[PDB]
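Worksheet: one structure, shown below.
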Number of protein chains: 2
Amino acid sequence: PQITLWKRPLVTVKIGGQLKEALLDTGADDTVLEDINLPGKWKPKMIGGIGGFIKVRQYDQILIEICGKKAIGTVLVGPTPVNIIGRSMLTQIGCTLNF
Amino acid sequence: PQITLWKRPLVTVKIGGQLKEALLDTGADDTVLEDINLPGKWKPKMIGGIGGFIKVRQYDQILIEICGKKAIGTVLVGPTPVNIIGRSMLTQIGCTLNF
Ligand SMILES: CC(C)CN(C[C@@H](O)[C@H](Cc1ccccc1)NC(=O)O[C@H]1CO[C@H]2OCC[C@H]21)S(=O)(=O)c1ccc(N)cc1
């Protein structure tokens, strides 16, 4: 898939048997989701964006399937206004910017 | 060029005779810069991200040169922690996501 940017680059993601939509976000270091429940241990972290910071649960080694391609890595869970797929996962699905 | 995402997608931008580095950011609807000072009229706006909202000055029809390609459009100026090139400019330089 090559995709243009006239609209938000939203993709369907499958995580822990749940289906969510998330933004492919080259400006995000890490993947952050709001509306999900991951089982198991986690560590507290704070991440910062434009309006300041949020507290997140950091879950490690989480399987995600993004537009039908698999990746494992860190997923942050917290009060983000929009689910975002960050570079830590984008690299695993072979995602690049082109111009 | 094509750009992989192992590192932040930082590019050099020339705006109003000033040189800045900015993140090519597919998760951002609009361009937001901190360390600059554009002349002329503007309108107040608030934009929200992770952490909440910031107050910005909205400047219209601003020329930016991003990695040596020109674009004209809206630039927001405000207390963003990182300069970001958003989709409204990314489309003008023919930027796409590929995987
Ligand atoms: C500002 C960047 C350096 C980092 N942000 C990623 C960025 O893409 C966010 C991602 C984003 C997207 C929507 C809502 C919140 C955050 N976009 C954003 O703040 O865009 C704002 C400017 O244009 C407006 O249009 C979209 C939101 C506004 S971030 O959300 O704060 C962020 C920070 C750290 C991680 N791990 C993940 C995300």
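Chain A corresponds to the first sequence line; subsequent lines are lettered B, C, and so forth. Chain A is numbered as in the PDB entry; shown residues: 1-99, in order. Numbering of chain B is taken from the PDB entry, so the residues present carry the numbers 1-99, in order. Side-chain atoms are counted along with the backbone in the values below, which use heavy atoms only and exclude waters and symmetry mates. Order of listing sets the numbers, starting from 1, for every ligand and every atom in it.
In this structure, the drug modeled at ligand 1 is darunavir. Here, the main chain in contact with darunavir is recorded in the PDB entry as HIV-1 protease.
Other chains with one or more heavy atoms under 4.0 Å from any atom of darunavir: A, B. With a heavy-atom cut-off of 4.0 Å, B:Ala28 touches darunavir through backbone and side chain alike. The parts of A:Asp30 lying near darunavir are both backbone and side chain, judged by heavy-atom distances below 4.0 Å. Proximity of A:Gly48 to darunavir is established by a heavy-atom distance of less than 4.0 Å. Remark: distances from the non-hydrogen atoms of A:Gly86 to darunavir are all 4.0 Å or more. By chain and number, the binding site of darunavir (heavy atoms under 4.0 Å) reads A:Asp25, A:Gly27, A:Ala28, A:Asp29, A:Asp30, A:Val32, A:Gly48, A:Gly49, A:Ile50, A:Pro81, A:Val82, A:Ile84, B:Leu23, B:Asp25, B:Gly27, B:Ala28, B:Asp29, B:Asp30, B:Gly48, B:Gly49, B:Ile50.
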